[PDB]
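WIN 51711 complexed to poliovirus type 3 (subunit VP1), as determined in this entry.
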Amino acid sequence: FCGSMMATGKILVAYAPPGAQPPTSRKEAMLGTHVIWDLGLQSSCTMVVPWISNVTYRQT
Amino acid sequence: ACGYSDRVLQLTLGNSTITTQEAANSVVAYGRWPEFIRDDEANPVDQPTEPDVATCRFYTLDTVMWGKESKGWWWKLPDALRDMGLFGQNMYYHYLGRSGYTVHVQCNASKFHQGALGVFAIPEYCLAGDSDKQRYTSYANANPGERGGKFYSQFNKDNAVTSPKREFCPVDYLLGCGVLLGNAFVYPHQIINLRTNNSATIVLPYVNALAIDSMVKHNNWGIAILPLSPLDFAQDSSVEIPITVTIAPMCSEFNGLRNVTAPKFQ
Amino acid sequence: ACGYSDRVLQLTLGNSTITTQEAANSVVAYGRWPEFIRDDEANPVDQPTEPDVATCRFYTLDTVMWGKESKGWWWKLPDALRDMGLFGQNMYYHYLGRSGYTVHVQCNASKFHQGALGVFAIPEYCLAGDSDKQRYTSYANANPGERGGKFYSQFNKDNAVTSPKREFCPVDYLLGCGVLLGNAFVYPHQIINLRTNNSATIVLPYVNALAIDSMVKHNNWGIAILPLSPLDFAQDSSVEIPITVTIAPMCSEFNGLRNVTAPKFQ
Amino acid sequence: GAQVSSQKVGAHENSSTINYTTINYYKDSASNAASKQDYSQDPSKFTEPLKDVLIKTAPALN
Amino acid sequence: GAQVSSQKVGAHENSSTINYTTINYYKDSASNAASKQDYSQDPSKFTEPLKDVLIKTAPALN
Amino acid sequence: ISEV
Amino acid sequence: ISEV
Amino acid sequence: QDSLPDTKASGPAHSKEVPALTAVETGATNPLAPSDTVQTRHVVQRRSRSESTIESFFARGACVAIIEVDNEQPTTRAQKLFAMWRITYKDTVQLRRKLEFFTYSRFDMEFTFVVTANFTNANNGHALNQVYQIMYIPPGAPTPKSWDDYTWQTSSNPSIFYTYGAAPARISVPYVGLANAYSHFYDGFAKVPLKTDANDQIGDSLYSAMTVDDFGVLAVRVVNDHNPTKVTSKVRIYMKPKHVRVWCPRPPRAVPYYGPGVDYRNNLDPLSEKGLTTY
Ligand SMILES: Cc1cc(CCCCCCCOc2ccc(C3=NCCO3)cc2)on1
Ligand SMILES: *C(=O)CCCCCCCCCCCCC
Ligand SMILES: *C(=O)CCCCCCCCCCCCC
């Protein structure tokens, strides 16, 4: 977050594993892997996308 | 040691993580963490279903807006979650279900904003109604789902005896139930005073007169959020900030599997 | 000792029990009982969901009728079960799913009836199509669900190049796939010869080139039922008896939870 | 690193156990020739996939 | 002077540890093939070049 | 060597 | 020889 | 020792044990030996199944492809100055049918290349010996548009430079599948149509096809600049599975193959006419 220190906010960031409709709403995105980021002194948030796949190796 | 704090928390359940840099510690209702039904308190004999990570995870409800005229909002559990992913499905395919909950209420503003929210976890939150008619609030109206309900500053009696609305009429200073709001603090609670904290976190045990019951017929817990002190900012008479409620079922187990319950919500 | 027999069996899974007084022993495909994914064969890192008794139980499909002109019926798994209670829901809310199955085929008649059913469990049962067009069978047509599909005595090529049906054309003596039916016995199987037995029981392991995969995209097992010897009774030229398929998922686990997959079956 | 094994001798000259020698030259096992010393197994998982496998002298159905 | 090492066997034939043999023929090490047995290291000099490296569960800034 |  |  | 079981000396029987009777409805095959139904002598058996082992059954280099490539003057219409082949065992029928006795497989693969050439036209002078380049292009890598563009620099792709007249080129490849075993059969799709999709083209896939490019391609060219006279060449590719393992047996293909999938079109009459009581 490169905003001013006087700025606050809560953000949801998400990962949906394949196979369903790509999320158009937070309501749908909430249901998959997600991190609710609260802005503050620790400037940055990390969402880990876990290895969830059928095949042992995906194509580039 | 190192740098840890009451204000900074991470909650992780299933595939979902919540962070907060401005918390006011966190509450465990009645000092009891959620747990599963013990063999010596068990009553349905059939092997339970415990879906675990698929149902015990953070479902975020539709955001509500807090403004200068906002009198208060309420939700009932499990009702708020009846349509939330596989929790909802498990709840409706079974006659019986029990679950605890982590409730996380979210409301950030700024160092120059003002206001205080009373967040209350009430066991058996029976609410008052519309009418001259006693105990008459209809199932559909008693259960708003995710949408929740609201409070009012005063009692407007539903007069139309011919076609009655069969709704609750929750008056704020009476906690919507005939008592005074000032005393609602005997219930598990937290306060979001904007100069102090972004959020409230309450962990609810399963509370009932039974080890397990029908989730469709009966709500165990009520969540009541009232503005203990009204929202204000600089001098702008029409300020508005969001309140987001995120809830997670905990130690969820279900008994009595059969065909799906389809309630009529119209 | 006491009085036990190969012919009399009880199967119990979840809240469901099957009895049979006329079985022909029972088959475990490839000598492998169904099992869960081991830590050293595991590939998705996220904690799986194992619904257990709520999904691993006996779902009975719509009954089909066997008559003198019946050429054969087929089903694909998990497709036949995509709409079966909480199994279906788990399958559609997750990217990944694996499951084994107990298949129980039911067909009773009388000491004076005649006929024999070949019940076959085929790994990766790829079927042949309609057209001059290769590999062209559409998803909706490849997946009939509970309803299953049928075989034909001969190859009727779908001629309408302008609006193609994009369907399979499964010819019976070719096992619907370019090989001879007589050789389908190298697959896990049982025979319901009416003078001998009421039913067939095959236990299927999860078979795949992967520890887990997408249940929505890919079927692991195909169930093929063909009349190896035609139905006959007394001298009545129009005899008809029911065939009922009851299937149970076994050791079901799911990975990759997110919003529900809604396939277009039209 | 040489590998030494006995050959299964078919037609014998008028001359006992005869051997041959093998040395892998490459790091990748993919590069390797076939050992062709292949063990066998039971057909049972295909010929007898029964839960209660029965003895051939007794009734199949009982 | 022969050098003997184990191969990391990928696909196994239906037949355990398999080896290969290497012999340098030339005096100049430049003439040599690649051993390809290469050790790995920490990304830390690139991912964490901090004077006070901190534990991931604690605040980055304090 | 390895003699089998 | 050298066996590693 | 890999010999089959000795036949046991078996005598007359008058008993309640009945091995000749059974019930194939069970799914099982009757485990009978000649000694169970006839009087037998003792035979010390020396025969062996050595040649029918999975390895021995596939231990043979099969022709899977014929790539034609020319070396002539670069003109401006479609020409074969370089060629590309999608790696597959399916342009040919013989090895395909052997591999298809099984559902899944795992093996290393040996590629041998036999290269032949000839003069096309009666005579415009002759040609000096040609060097051929066989470049592997894995899915994702840039494919050549021209017989001598930058892709042929092959800095990361594996390439063979074959000199004409030398012994046939040979390389080995690991088990390179994305799964734990190769799928000779895939009952399913690479895409699912969703109710929320815009066109219904978006979710359409080929039945039984998996990845679009499967194993990539082989790009073949003659490295030499063209002679006055034209030389045509063909690269024949021989494929051998080695260090083989297989799973789940299948009935052999009984009717002619109709493309990459299990589809049949015609000659669905494999069996001859023979009278029931005719030897
Ligand atoms: C389907 C299916 C397919 C198979 C066989 C898979 C073999 C995959 C091999 C992929 C790589 O192939 C190569 C071929 C040639 C070369 C080559 N490099 C230098 C010139 O030749 C490299 C890779 O089994 N099932
Ligand atoms: C084990 O192999 C030690 C004995 C080696 C005997 C001499 C081998 C000569 C061939 C060496 C081949 C090297 C190939 C890279
Ligand atoms: C150590 O190398 C002693 C064993 C040598 C075995 C025989 C090697 C045959 C190859 C010798 C190559 C000489 C090359 C200049």
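Every chain is numbered from 1 and lettered A, B, ... according to where its sequence line falls, protein lines coming before strand lines. Below, each value reflects all heavy atoms present in this structure, side chains not excepted, and no hydrogens, waters or symmetry copies. If you're wondering, the header gives X-ray crystallography, 2.9 Å. First listed ligand is number 1; within each ligand, the first listed atom is number 1. Partial entry shown, contacts counted within.
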What are all the ligands or chains assigned to WIN 51711? ligand 1
Give the letters of all other chains with a heavy atom closer than 4.0 Å to WIN 51711 (ligand 1). H
Hi! What's sitting within 4.0 Å of WIN 51711 (ligand 1) if we only look at heavy atoms? H:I87, H:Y89, H:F107, H:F111, H:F113, H:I134, H:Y136, H:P158, H:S159, H:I160, H:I171, H:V173, H:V176, H:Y182, H:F215, H:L218
Would you check which organism the entry records for chain H? Poliovirus type 3 (strains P3/LEON/37 AND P3/LEON 12A[1]B)
